[PDB]
Amino acid sequence: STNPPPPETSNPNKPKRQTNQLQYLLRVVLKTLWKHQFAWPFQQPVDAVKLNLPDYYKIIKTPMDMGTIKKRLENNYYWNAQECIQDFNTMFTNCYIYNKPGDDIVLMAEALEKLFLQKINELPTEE
Ligand SMILES: Cc1noc2c1-c1ccccc1C(c1ccc(Cl)cc1)=N[C@H]2CC(N)=O
């Protein structure tokens, strides 16, 4: 039983920019969420082998995690903030698909998502 290869965190043939929104997304949004007591399960790809979740990557075909997003930000992988926000959304959606309402992992995701939305409600001037 193996995990899949993780998502790419660089790609020279994908357009990219440094923008004020993307800088904020790393410096403020990601960095703040990272320090939350409920960040830890979302700080790396799901290790389905270690966690003994053999069906995880049968159900979840578009993995995404904050460790990946951090790397993407640091490497200027994104063209715009919206692309990074989409990744965060995929992370949350995955968690809500694989688990169920009331699970502890879902309480963790819901708290992170609430905080995320608060942080992103106001960004720097778009570019
Ligand atoms: C992300 C993600 N989505 O699902 C899971 C994770 C996850 C990642 C790393 C460590 C643990 C997990 C947890 C989990 C469960 C309880 C608590 Cl308190 C904390 C985390 N759950 C699995 C699914 C599972 N059913 O085990």
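We're sticking with the PDB entry numbering for chain A, so the shown stretch reads 42-168, in order. All ligand and atom numbering here is 1-based and tracks the order in the structure. Note: hydrogens, waters and symmetry copies are ignored here, and every other heavy atom, side chains too, is used. Determined via X-ray crystallography, 2.2 Å.
- PDB records give the name of the drug at ligand 1 as CPI-0610.
- Of the chains in this structure, the chief binding partner of CPI-0610 (ligand 1) is, as UniProt puts it, Bromodomain-containing protein 4.
- In terms of UniProt domains, the contact of chain A with CPI-0610 (ligand 1) runs mainly through Bromo 1.
- Under 4.0 angstrom from CPI-0610 (ligand 1), the non-hydrogen atoms of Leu92 all belong to its side chain.
- Below 4.0 Å from some heavy atom of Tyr139 lie the following atoms of CPI-0610 (ligand 1), by number and element: 23 (C), 25 (N).
- Counting heavy atoms under 4.0 Å from CPI-0610 (ligand 1), residue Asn140 touches it through the side chain alone.
- For atom 22 (C) of CPI-0610 (ligand 1), the nearest non-hydrogen atom of the protein is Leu94 CD1, 3.8 Å.
- Between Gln85 and CPI-0610 (ligand 1) there is no heavy-atom distance shorter than 4.0 Å.
- Scanning the protein for heavy atoms near atom 17 (C) of CPI-0610 (ligand 1), the closest one is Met149 SD, 4.0 Å.
- Heavy atoms under 4.0 Å from CPI-0610 (ligand 1) belong to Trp81, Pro82, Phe83, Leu92, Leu94, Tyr139, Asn140, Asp145, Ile146, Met149.
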